[PDB]
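Take a look at the structure below.
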Amino acid sequence: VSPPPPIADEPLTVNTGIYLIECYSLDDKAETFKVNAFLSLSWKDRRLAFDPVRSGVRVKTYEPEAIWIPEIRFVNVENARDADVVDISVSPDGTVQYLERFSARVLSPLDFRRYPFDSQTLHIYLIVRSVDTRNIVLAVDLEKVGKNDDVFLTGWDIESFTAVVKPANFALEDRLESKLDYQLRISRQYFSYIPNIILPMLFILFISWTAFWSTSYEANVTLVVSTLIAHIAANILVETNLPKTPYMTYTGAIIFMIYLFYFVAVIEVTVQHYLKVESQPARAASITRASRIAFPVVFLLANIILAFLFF
Amino acid sequence: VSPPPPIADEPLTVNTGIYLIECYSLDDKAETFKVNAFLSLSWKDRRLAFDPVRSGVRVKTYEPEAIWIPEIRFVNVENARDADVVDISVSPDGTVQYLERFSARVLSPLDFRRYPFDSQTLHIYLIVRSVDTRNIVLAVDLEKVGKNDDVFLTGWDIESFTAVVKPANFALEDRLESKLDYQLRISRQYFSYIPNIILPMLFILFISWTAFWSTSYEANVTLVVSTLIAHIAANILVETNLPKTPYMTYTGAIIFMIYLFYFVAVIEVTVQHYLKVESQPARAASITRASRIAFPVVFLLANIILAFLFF
Amino acid sequence: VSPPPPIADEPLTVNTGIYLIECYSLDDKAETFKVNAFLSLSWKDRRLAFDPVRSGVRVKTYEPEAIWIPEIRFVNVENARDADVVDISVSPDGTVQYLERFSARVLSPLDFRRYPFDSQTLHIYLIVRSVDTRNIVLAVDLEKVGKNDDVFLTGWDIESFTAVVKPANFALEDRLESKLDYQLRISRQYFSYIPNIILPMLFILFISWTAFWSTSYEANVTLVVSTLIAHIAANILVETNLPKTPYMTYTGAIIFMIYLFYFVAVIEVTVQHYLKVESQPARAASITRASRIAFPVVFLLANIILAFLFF
Amino acid sequence: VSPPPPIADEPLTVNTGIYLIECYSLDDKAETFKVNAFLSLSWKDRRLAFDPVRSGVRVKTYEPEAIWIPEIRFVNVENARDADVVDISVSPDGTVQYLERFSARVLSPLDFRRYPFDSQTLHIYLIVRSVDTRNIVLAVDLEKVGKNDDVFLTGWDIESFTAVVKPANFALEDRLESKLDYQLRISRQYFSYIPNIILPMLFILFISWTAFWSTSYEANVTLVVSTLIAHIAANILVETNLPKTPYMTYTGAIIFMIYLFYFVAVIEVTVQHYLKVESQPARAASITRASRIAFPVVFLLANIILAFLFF
Amino acid sequence: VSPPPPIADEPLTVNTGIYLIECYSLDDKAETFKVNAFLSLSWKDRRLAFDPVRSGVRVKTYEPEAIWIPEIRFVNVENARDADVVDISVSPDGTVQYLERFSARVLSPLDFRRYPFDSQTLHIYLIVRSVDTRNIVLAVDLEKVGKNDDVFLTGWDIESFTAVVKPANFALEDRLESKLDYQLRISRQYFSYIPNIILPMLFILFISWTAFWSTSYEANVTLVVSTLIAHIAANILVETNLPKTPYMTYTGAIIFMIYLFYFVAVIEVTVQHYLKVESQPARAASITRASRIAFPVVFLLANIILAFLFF
Ligand SMILES: CC(C)c1cccc(C(C)C)c1O
Ligand SMILES: CC(C)c1cccc(C(C)C)c1O
Ligand SMILES: [Cl-]
Ligand SMILES: [Cl-]
Ligand SMILES: [Cl-]
Ligand SMILES: [Cl-]
Ligand SMILES: [Cl-]
Ligand code: NA
Ligand code: NA
Ligand code: NA
Ligand code: NA
Ligand code: NA
Ligand code: NA
């Protein structure tokens, strides 16, 4: 129970492969996702080699404790994976074919810049630490890298699950470390966001703009202020389903922009009333009539500007 | 231990059976449900066979570690099942009768299209991976497939728990995989939804329609706007108890439709007031009188259209 | 390590007893409760018998692995109990006295029909599966069935903890199953509900009825509508602390009834205003004066009707 | 591996000691707190005695499985403690000095009568069950009872951690049980409650009292009703951070009292308006002028009465 | 399996090192953070010495149970760390090089005085208890102390991860304890707080100040009261994401100060109206005109005073 000895002075290549069985619980706020998959490992151990003609069997099955197995770990995991060894098969040349079924909560940062029209690249980093006898290098066996067709992630479209074939070999605490990158590309299902958040938020804003077709300050105050309270409720609802980003998000920009539109509408409503009391409604009517065109035009213009800056 | 050797070149049939003891925690947002059940397994191992006459005993009881047991796993589970082996009995012909009691959180997608008048088909997928010595095929023993009469799922009616007798045999990572489908059919108890969400949401909408029997713009603004705020509160309450679907739900359609009715009511209230100020209330009175009939008629019409499209 | 052999052809009686140490976490929505208790088990194993005179000792102490112990399980538990064996004592006749301390989350449905003036019967079902050698039957040893005096359940009064002495013996998967019923009777502490939810909800309803002593439609709309928003807030607060029941609850009935009172008050307020505008306030004043008596009388009458139907 | 034999007919005294390392997660609603501490145990086992001269060593170190250790449990815990044995030392006379580091979620009821100006006495109950060979009695070794200086409980001031030196010896299931009481005295940090809940709640109430300096019923309705909605929001916020008590709390009393003040203010506002419409404002002005003095005086008076009844 | 014997009378130096792999879940309310890191331990055990010539290997690999490993614990952890031993290597002199990968929830108090423009010093305390044979002293091996470049903490900037090289050696329960301090310095990413909470909270306050450009008491009441309700919503949203501190926070001060500004605005609105009714609007106009300048000036002044007191 030690690493296999090298024939010359070559590092031990451990061929890896992750096959996704179940994908679930993508927490946007925590930037984590739960995964249930197969982990396949393959290496050459010449000490386990046998003659197939004399043995009578073409493959030998071993228990994990009986043979040497590379200590393969995941970098971006909360806790160590819950694994159950499925099978260990040894071919006559000494090539081990290890398979285990694992479940782990993976930590992968998300880019909310384009939310809810955003795409993500979820990562799963495989790692091996080189032993004192010899160095261990990871490899990708594309034949054993894939996903089940049933694999569904609620509110997401699963594009592809590939692996960066070239490992990131580096020094860590005076020992070699071979790191592999498994990438799960996903795109957000933005459909629900339109009738649930986008359109209701636009309607309450358009309702506040009816104050531009009214001279009643008491009714105008009620219109602009109440709809602002509805927008504050909408802002709270959205910001709780998202983490605190050091960058501006597309939704964050719009929500903040809408706050300015309510503030400027309050100013207009205040100015309109002040001029009516000061016995000059001709100045107020012209401002109110201008606002009827200005508010939707500037809103459409600014939205085009924002959409261009983000997409 | 190792798999039992085949007499000819036949695959090993492992007869299965799931008997539900407890069903609980159906998370709609997570599309998961917790289950506590019996898992019965039966296979022929000729190496364990004995003569009942000289043994003196008709059945031999073994501990799990003593004999070979097929590695039976669940496909759609978050983590590996928590199992406690109940009994292992061996008949004289070598037929093993294994029984275990398990508990597992099962991942099964739900169809919210008809919510809260929806029915679901919960799945439990049993799976076995074929070994190098011989292939393992799963079978359904209908005698050991059932459920306890006490089995209750909060807010759901349990119809039936059956199994698709024919297994889905397929190739996975260069090995045969035998997959069985256990189906738990349930229907939602929609009763509570009527006095808690449906009727209160209709009442607040009918209260907004009283603005069609009033000329006071200040009172009308207060009526339509405040009731809209109540509907926004109701929308938030409903959408949090449901996951983000790429398709339209029945409740989602109604909620969204009601938003249009509030918006058009605001427009009516705005138009009515604008005409009263412009000294033409005959035009306003006729629009307001038409709305008294139009709003309930178009609402009833659209609801019939929606109910037909969904049911 | 097999069951004790029968002297004749009698089943093995395993005397049980549950002594509650701690009762906590009664989740109304989940219909679950956490329990920490002692589980006492007693059976006759003649193979363990000894002469007290020759042995010099009255009782022999064994480790769980050394002797045969019946596989006692709980039916209505989420996961298998966390148990620590306290003591195993054997008397000279071969009678084993087993004791363990366990902790388990128990699933017991609750009847919310009379909430918050409801009483519950929490269940703990003990079960044993008969082995092939002989049948195992459960029994109640009332001496070892009880509870600690400190045992407290937050917001509940603990009446009694008894056991149904006669077991439910039945056939399951071609084997005998002996099931015992341990009942924990509790009654809800309804005190808090009066100053926190009942009285504040009645006050906001009485505030809406002040519109019957006002002719100002603008003020009346504000009165009835705002108080309705407060009642919607109260409805949301209550319904979240309760699960979705297929039956009507006492609180559910009142909340729904109060919604009708707000709707009819809106109708009255609308009718009153319509008649004032139509230049016939004598008709409006008489309706408004009638409502001053009708609303509290019909409310008190309907509450008496509801209380009678539920209690 | 059995209890040490008595020299005469004396019970075995097991000297205990708890040294708090970390105190955290005091859940007020659940009435639980998490603790990380050292558990020291000391007893005399003459079978383990040795001559220091012949042995060459003054102290013998044993592994838990090698020697007999008393089964010490905690009464008021959710689940059995997570313990790691630190050290087991045996002096030449046979005195064992056991030490372990544990972590456990402790259930201790809290008295919310004086909340948020309340003090609590958290309990940790140590217990031992007497074996058949001899009786086990617990003792307090004050030298090994203490706490770390860094020990902090968020929003609480830690006064003292002492132990009731005299154990509660009692009979349970025909066996002796020795119970010890470890008391952790804490007092609530009420500072935050003043600018966050107390003062904002008083301000909204004083804002409602401005209706006593106004004749506008429409403005008065808006004043008293809106501020009541703010108080309902405050009531919901407070009651969620507290469990449902069968007794009245200090905060509960104030919140409920404030509801009466809003109701009486609505009555005043209603009466004032009714008299203005009935063409008798001299009666209304006198009532309104009286209320300007009555409301703050009766509020201050009732608060003094309440503070006296609770403190 | 006992500590290594000293050559003279020197304490055993155990060289430590923590290398952060993943940093996540910084709960502000709980004052906890989750960490996934490498724990390296190195000590001299002369009993494990070997001749590389005779053994055939330059470095001997052992399993944890085979050799003596110092009982290294963390002080400020909720529960004992979840560790997986990576490697144990022994050089021919007997120097052990232990490595494990751990995951633990660390308890570290935070200073919210400057929130959300605050910086924190997270602590990780390593500790060893001296055995009876010899004393164990901890040391820092700066070569094995570091962090991964990918290490990200959501909403935080990771400055440095260093260790206090000099251990805190002290007496505890009559035994020596060597304590090391690993410090993770972080600074809050305050960006999000500006468009999400700061600016929307300032806008609603400026909207309330429009009442200084209006004589309509009914509109003014609606303005100041509704915006106060929005500020109460904002206060609740902020205070839930923060724990109850016995000290004043920067955000806590501003929120509380804003409450005074709303109260004084209500007083102004009340005074203005009272004077208009008392037929003296010249006194009211002058107060209202003064408030137009006073409110923004005093607000800016007080904010400068607060920012100076906190920064
Ligand atoms: C406290 C709560 C559960 C409750 C009980 C009884 C009556 C009501 C209202 C509807 C008056 C109520 O909300
Ligand atoms: C974002 C939040 C924590 C906060 C920080 C700083 C200042 C304010 C006020 C001025 C809005 C504030 O609420
Ligand atoms: Cl891992
Ligand atoms: Cl499984
Ligand atoms: Cl169980
Ligand atoms: Cl314990
Ligand atoms: Cl630890
Ligand atoms: Na191995
Ligand atoms: Na086996
Ligand atoms: Na046993
Ligand atoms: Na022992
Ligand atoms: Na060791
Ligand atoms: Na109003």
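Throughout, protein chains are lettered first and strands after them, A, B, ... in sequence-line order, and every chain is numbered starting at 1. Each ligand, and each atom within it, is numbered from 1 in the order the structure gives. Heavy atoms only: backbone and side chains are in, while hydrogens, waters and symmetry mates are out.
Counting heavy-atom pairs under 4.5 Å, the chain with the largest count for ligand 2 is, by its name in UniProt, Proton-gated ion channel.
Lab note: drug at ligand 2 identified as propofol. Every other chain with a heavy atom under 4.0 Å from propofol (ligand 2) is listed here: E.
The binding site of propofol (ligand 2) (heavy atoms under 4.0 Å) is made of E:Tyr115, E:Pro116, E:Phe117, E:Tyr193, E:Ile197, E:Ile198, E:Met201, E:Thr251, E:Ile254. Covalent attachment: none from propofol (ligand 2) to a chain. Taking UniProt's transmembrane segments of chain E in order from the N terminus, the ones with heavy atoms closer than 4.0 Å to propofol (ligand 2) are 1, 3.
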